[PDB]
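Entry overview - Peptidoglycan D,D-transpeptidase FtsI with vaborbactam (bound form) in place.
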Amino acid sequence: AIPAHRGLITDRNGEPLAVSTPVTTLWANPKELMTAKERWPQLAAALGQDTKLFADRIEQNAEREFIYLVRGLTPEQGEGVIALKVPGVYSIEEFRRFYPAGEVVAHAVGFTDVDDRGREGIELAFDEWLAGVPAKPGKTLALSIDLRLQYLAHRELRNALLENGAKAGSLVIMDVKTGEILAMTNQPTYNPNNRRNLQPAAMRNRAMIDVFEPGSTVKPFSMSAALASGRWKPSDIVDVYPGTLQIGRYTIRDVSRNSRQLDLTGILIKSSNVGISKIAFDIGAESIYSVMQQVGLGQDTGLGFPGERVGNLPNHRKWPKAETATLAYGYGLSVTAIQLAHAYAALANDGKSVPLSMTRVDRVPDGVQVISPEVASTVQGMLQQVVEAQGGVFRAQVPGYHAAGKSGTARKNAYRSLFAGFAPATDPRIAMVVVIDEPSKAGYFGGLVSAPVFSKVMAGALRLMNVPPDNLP
Ligand SMILES: *[B@@]1([O])O[C]([C]C([O])=O)[C][C][C]1[N]C(=O)[C]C1=[C][C]=[C]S1
């Protein structure tokens, strides 16, 4: 069988991400090798193998009319072995993958196994498109990924992990208009060109497989349900005093407890679990579940990355009050960073969900209106206030632009620090999620740990895409 040329993977602008490299596999007709034993030591040397074990191997398989000697030698090493002119030694031309961006886009692109077959990421997901048929060559695949945004994201997430002594992290950037993933980076990462002795830990595409309680980052969807109910406007007040609320044996507790009356923007700025719980009791869990289901939290992303986790959105016929509250302030559900980014992309795109893509989108599919454009517009303004208002997430602010977003912190006393947002706030182009796992320095809150990463990556990302500054006189 004639091994086919595996199709080129590029970024959205044709930068090479995975290239088929010529290599040499050497096989032997032992029957013919057994006629030239005096050549074996020179041949053993040229293969790196020991003289004795090489000789043991060939003697044992002297019946077989075929065995492999070595796979995936460089052509140069291959020519050296052919230059020995040993009877019973023949060469096949094979293809191994090289990844020029290396660790920068490891998780997204993935890699091939020993047989030039997709084992991780896009290599696995689009294996049939890229492989061709062993012989017709495989087809070029242009990713949605912008290598320029990917490098910035990679660099800033790495610097955030080190500055906070964190064990892991994820950053996803999405085009809100096209459903395209512009960047997807995880720490820790690995060099896919050197897979000799490296942990399955480093190879985990956390953005797509790590499921977590999103906490306060889904309070905006609870608020979308509130504004869509006809019962709530942004200027309405909730009494959250004294920052706790008993629901049978369950006690809802706010992290900050020096508030009485908050307006709905204030509930988001303070991330008040009591405030959102009381709104949830009024509107019913069904309306909150429905919005979260529709923006894709705990739902199949359709990206068909094998080992992709879907997480869980809990459902009930009759919602108990405790489950109603915990859903509303973002516990009792499990999501991935890609789902959260996708949910924020729909909010940012005036309530319209466009299907997620890891490949360059030339013809944008029709979106689903999952939140009414007026509710989406209102929730955008409130999330702009969360970043810009007194006591807000000022570290999320993006010089030259109106940014909008929401911090989160969950307990796993280890913590998960989250920031999800989009910019520019008036004409959203980009949604971003930053997840940092177990920050080990003093500040562990989303607004302290993850928000500065959002600021710098978003600042860079908007400039690389030549988005015009929207904070003018
Ligand atoms: B929410 O996930 O995040 C808020 C903080 C933020 O926005 O970064 C606080 C309320 C929510 N988190 C919790 O109630 C869980 C915590 C327990 C102790 C500290 S965070």
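Positions are given from 1, in the same order as the sequence printed here. As the structure lists them, so they are numbered: ligands from 1, and atoms in each ligand from 1. Atoms considered below: every heavy atom in the structure, side chains included; atoms not considered: hydrogens, waters and symmetry mates.
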Atoms of vaborbactam (bound form, ligand 1), numbered as shown, that sit under 4.0 Å from any heavy atom of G446: 8 (O)
By number and element, which atoms of vaborbactam (bound form, ligand 1) are closer than 4.0 Å to a non-hydrogen atom of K406? 7 (O)
Covalent tether of vaborbactam (bound form, ligand 1) (residue, atom, or none): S216 OG
Side chain, backbone, both or neither: the part of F419 lying under 4.0 Å from vaborbactam (bound form, ligand 1) by heavy atom: neither
Option with minimal heavy-atom separation from atom 2 (O) of vaborbactam (bound form, ligand 1), where the choices are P214, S216, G215: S216
Enumerate the residues contacting vaborbactam (bound form, ligand 1) with a heavy-atom distance under 4.0 Å. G215, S216, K219, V255, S271, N273, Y331, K406, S407, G408, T409, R411, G446
